[PDB]
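Shown here: SCH 48973 bound to Capsid protein VP1.
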Amino acid sequence: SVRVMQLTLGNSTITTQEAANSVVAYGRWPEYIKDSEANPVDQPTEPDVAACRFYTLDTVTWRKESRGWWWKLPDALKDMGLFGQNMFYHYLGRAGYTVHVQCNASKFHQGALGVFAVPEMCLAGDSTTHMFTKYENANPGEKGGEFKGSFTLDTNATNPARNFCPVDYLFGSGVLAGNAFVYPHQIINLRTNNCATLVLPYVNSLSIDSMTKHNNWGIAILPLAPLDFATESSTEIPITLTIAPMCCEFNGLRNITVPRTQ
Amino acid sequence: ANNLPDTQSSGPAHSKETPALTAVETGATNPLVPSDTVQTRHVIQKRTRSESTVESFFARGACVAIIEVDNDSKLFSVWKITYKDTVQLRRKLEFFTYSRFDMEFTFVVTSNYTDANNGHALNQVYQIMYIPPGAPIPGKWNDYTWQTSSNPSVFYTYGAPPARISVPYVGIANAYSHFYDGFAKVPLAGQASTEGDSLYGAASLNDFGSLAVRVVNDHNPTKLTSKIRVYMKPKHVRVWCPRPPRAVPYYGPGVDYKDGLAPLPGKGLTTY
Ligand SMILES: COc1ccc(OCc2ccc(COc3c(Cl)cccc3Cl)cc2)c(Cl)c1
C-alpha cells in the first residue's frame, strides 16, 4: 500500500509501516553520465555497493522549542565509509541520493515536520560583509546546522564568526518559508506518517563537479506545527536521518584531499 | 572551423607498442591523444574550432591610424598608408609571413571646439582622398588636386554613421609580404657608397600611397580640431608560413628591438 515499503541498497535495508508514498524530485531518478553529456575524458570509478548504501547520520531531538535543522549534500556524507574516501581521492564526483527521514511518536502526540530538498541551498550569513561565511562553517558535515527564530548580526570585528544566520520564516535565505513547497518535499505529520522519503537525481549546471567545493542539495527540516503531547510541556522525540548515495562516479584521481577544519 | 573527434574508451595495455616514447630530433610532434597513455571513457565531442579559423581570428576592425586636421598648413593632412603605426593588428598579422585578403575601412570622425567659451562653426564635411603612388599630392587644403577626377574620394558629413569602403587585394605580388629579407637595390662594384644603398627589408619607397584628409568648409577663425580614426578589417583571408609572435617591444617598421628585451618574469623551477 502507500504506507508499507522496503528499500534495499547494497547491504542495507529500510522498512516502514507508515509511509505517505515517496517523492522522486522533479520526476527524475538518479542516473550515470551519458557519453553525449560526458566531459572529463578519463575512466570513472563507480564504487557501486561500497558507496551506494544507507548511511545513518546523527539523530537530532525535536522539542516544543525547536526551530529547524539543515544539512548539505555531499557534505553530510563526507566521512561516511568508502563514499567519503572516493569523494576525497577524486577531483570530480557525482551522485544522487535516497533521503529517508525517520520520526515516530504515538497517537496522542501532534506536530508536523516539513522536509524539503533544495538545489543550490544558499544560506544567509551573520555579518555586514557579503558572502563572508567561511568554508569550515558552511560545511558542518553530518551534524549539519539549525534554523533560528531571528536575525542576529555578528559585531565582533576582532574575531568575526563568519557563520550563517538562517532565520526560519525567511527560509534562511530571504524568501518566505511558506513558498518552500515549490521544492521537492514531504510532510511528517505525526497523526499520519513515520517518515519522509525523497529520491534526488543529480542536479547542477554541469554533468560533474567538485564535491568538496560545491554542495548540490540542501535538506531543510522545519516544524510546521510544533511538537505537543498529552500535557507534558516536556516532550522530546528523536529525528533520525538516513541517506544513501546513488550512481556514484568519480573522475580525476590523485592524492587525497584533507580539508582544513573548525 | 569544425568538429573535434570523440574520445573512444580505452582499457589497459601490456604491449610492444610504445606511443609514449618518441624522438623529437626528427622534427615531428608526437600525435598522442589521452587514450594512448591512460584508460579513457567514451566521450561524444561537441566542441568545435569555429572561432579560431584564420577568418574569425582577423574578423575585427582594428585601429591603424589617427589622422588629425586643425580647421584652425594643418587645414589638411596626409597619412602614408601602413599597418605598422599601431601594434595590435600588426602583431596578429605577423603570426604569418604572407597574406592575401580584401580590406574593409571604417572611419570614425570626431571634432570639438578647443575653446570652452569661444567660436562657432556650422556642420563640417570632410574629404578623404586616396592618392595612389604617382598621383599629385595636395600642397594646399584647396589646390587643384582635390578635384579627384580619378582618385577615389570619400565625403563624410560630421555626425553621420562612420564612413566605410572596401578595397580589393591590391598587391603587385601574389600575396602581401609581412617580411622581406632583402633590399630594393644591389650596390654594384665600383659605385660610390652613396650609390646603390637602400633600407634593409624595404620594397617600394611608396608601397600603397597615402590618404589626404581635409575639411571642405571655409575655415572660420574659430579654433577647431578633428580626428579621423581609421579602422581596418581583413576579410576573405588566406595566410601562409606561421612564425613565432613578437615577444619584445617593436622598434620601428623592421624587426629591430632595443628596449624590453627581458620579457619573462622569475619563477622557481620547483614552484607551482
Ligand atoms: C599585409 O597587410 C596590409 C596590406 C596592405 C594594406 O594597405 C593597402 C592599401 C592600399 C590602398 C588603400 C586605399 O584605400 C582607400 C581608398 Cl581606395 C579610398 C578611400 C580610403 C581608402 Cl583607406 C588602402 C590600403 C594594409 Cl593597411 C595592410
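The chains carry the letters A, B, and so on, in the order of their sequence lines. Numbering of chain A is taken from the PDB entry, so the residues present carry the numbers 10-271, in order. All chain B residue numbers match the PDB entry; in order, they span 24-95, 102-301. In listed order, ligands and their atoms are each counted from 1. Be aware that this covers only part of the deposited structure, with contacts counted strictly within it. Method of determination (from the header): X-ray crystallography, 2.9 Å. Computed over heavy atoms, backbone and side chain alike; hydrogens, waters and symmetry mates excluded.
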Inset, instruction - Name every other chain with any non-hydrogen atom less than 4.0 Å from SCH 48973. - result: B
Legend entry - SCH 48973: binding-site residues, heavy-atom cut-off 4.0 Å: B/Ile110, B/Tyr112, B/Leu122, B/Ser128, B/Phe130, B/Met132, B/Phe134, B/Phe136, B/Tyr159, B/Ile194, B/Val196, B/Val199, B/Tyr205, B/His207, B/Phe237, B/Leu240
Legend entry - Covalent tether of SCH 48973, if any: none
